[PDB]
Amino acid sequence: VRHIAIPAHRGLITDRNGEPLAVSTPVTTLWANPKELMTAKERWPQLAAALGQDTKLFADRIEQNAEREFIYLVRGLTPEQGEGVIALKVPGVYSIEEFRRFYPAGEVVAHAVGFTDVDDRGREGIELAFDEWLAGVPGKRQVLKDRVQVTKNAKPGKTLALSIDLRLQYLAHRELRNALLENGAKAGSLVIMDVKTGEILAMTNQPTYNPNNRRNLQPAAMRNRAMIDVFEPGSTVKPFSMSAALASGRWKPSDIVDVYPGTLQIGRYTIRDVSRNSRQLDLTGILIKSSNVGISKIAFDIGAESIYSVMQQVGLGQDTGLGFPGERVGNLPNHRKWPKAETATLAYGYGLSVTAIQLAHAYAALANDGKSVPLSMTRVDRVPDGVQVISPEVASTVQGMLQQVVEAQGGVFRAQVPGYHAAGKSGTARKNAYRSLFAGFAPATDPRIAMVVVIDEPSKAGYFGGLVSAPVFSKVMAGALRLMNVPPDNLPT
Ligand SMILES: *C(=O)[C@H]([C@@H](C)O)[C@H]1CC(SCCNC=N)=C(C(=O)O)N1
């Protein structure tokens, strides 16, 4: 009517290596002044036909808007398409240069990147989180009519390079989908983090969607599971309980706990081990055998406050600071005083709720010699100092224990990575809905990458983390380490 905005070119989103992920592409939008269109009714049917619109629906739309001075006819046409309609010389019909987003990697990085709405505003993912950086500033065209000027130029948005490595993202996406098909699972997540920089190198969820064509789309495919699915992490948090034990000054890895007969009565409750073939276990054995009894006895000795503190410091149930739309925090209840039942359940991971992103970040702190670096979804050039949350001595010790969980007899052999020493822990998460988990990092002797694999479980009162998720970790870690040119560390001493 008086002012019409001049859309600004929205900033390009690339992966960390400059591969295109969200591109602002010029498109031609047609608009009309219904007051002038109302004087040329005989041209409407050819215009409706050129637009592929029903003659009656098109005429009713003009008639109902007869007193308006601006209505869109069609948005997002190619420059070639706009020219053909303009050549008809229909009174009151005008072409406007607009920008429309295209997502070259499509479904492979759908949830991380997100998308823009009809007006080119960030709606999901990075598009929304970094909307101010990406959007730039629109210009203005003053239109004066009976009873055109450029006022303020358009400024383009800014390019953004994500932390995601499209090569690792594609490998993760492919392997997670393979694993889901193999096990008859319908949903899952896989997160890969650079332990040194806090960068999220890959974040894939299944099911996924093509952001280039969002009509039809089931809302389950829209779910950014890695950041929104909250669950009790179970056995995957035992390394944090062990970190508290080694930091207490009361436990060395060679110390023994008698877990026989794989049950422990605490008043009215019975703590039970899934695998009940042990008597004395050292601290590494407690992790290899995933003994709830062993971890609970240690937890009683050191107190739940020490375990709570380690979990809180590594970020379990805490804000990530990413500012990512829809990201959930979960909950790590600070009971202040914990009875035995609550102490045990916390120690073996059923007394808190976390996300896959949080679990990966906690494993990244352990892998990075106990130093937590803040999470980033954008490329990190200057690494922040981070915080020493676990002492380097304790983190080094727990790293060795987790390498034994993968490599020792009776360990999670399916998680072994050929050419490298790998470390990690399997578990069954609870939401009752279940998930099979594997969390770990590699190379075990000089860690570079941390990864969490979550596969949603149809299940039957079973524990499949070491069967379903561990092989995904093996394949994705091997490919990721090779893609990053990490030297193999399993060499003759
Ligand atoms: C952890 O998630 C549970 C805990 C809460 O009971 C455990 C039980 C099992 S399965 C038997 C493993 N024993 C030795 N080979 C696991 C696991 O995934 O290893 N975690």
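All chain A residue numbers match the PDB entry; in order, they span 53-199, 207-490, 501-562. Every heavy atom of this structure was used, including side-chain atoms; hydrogens, water molecules and symmetry mates were not. Method of determination (from the header): X-ray crystallography, 1.7 Å. In each ligand, atom 1 is the first atom listed, and ligand 1 is the first ligand listed.
- The chief contact partner of ligand 1 in this model is named by the PDB entry as Penicillin-binding protein 3.
- The drug placed at ligand 1 in this model is imipenem (open form).
- The model ties imipenem (open form, ligand 1) to the chain through a covalent bond at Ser294 OG.
- Atoms of imipenem (open form, ligand 1) found under 4.0 Å from any heavy atom of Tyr409 (numbered from 1 in listed order, with element): 5 (C).
- Distances shorter than 4.0 angstrom occur between a heavy atom of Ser334 and an atom of imipenem (open form, ligand 1).
- The shortest contact between atom 12 (C) of imipenem (open form, ligand 1) and any protein heavy atom is with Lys348 O, 4.1 Å.
- Heavy-atom contacts of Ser485 reach the following atoms of imipenem (open form, ligand 1): 17 (C), 18 (O), 19 (O) (cutoff under 4.0 Å).
- Considering only non-hydrogen protein atoms, atom 1 (C) of imipenem (open form, ligand 1) sits nearest to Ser294 OG, 1.4 Å.
- Here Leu506 has no heavy atoms under 4.0 Å from imipenem (open form, ligand 1), in either its backbone or its side chain.
- Using a 4.0 Å heavy-atom cutoff, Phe533 is absent from the residues neighbouring imipenem (open form, ligand 1).
- The PDB entry lists the organism for chain A as Pseudomonas aeruginosa.
- Residues with a heavy atom within 4.0 Å of imipenem (open form, ligand 1): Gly293, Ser294, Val333, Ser334, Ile347, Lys348, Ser349, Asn351, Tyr409, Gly469, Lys484, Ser485, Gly486, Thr487, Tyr532.
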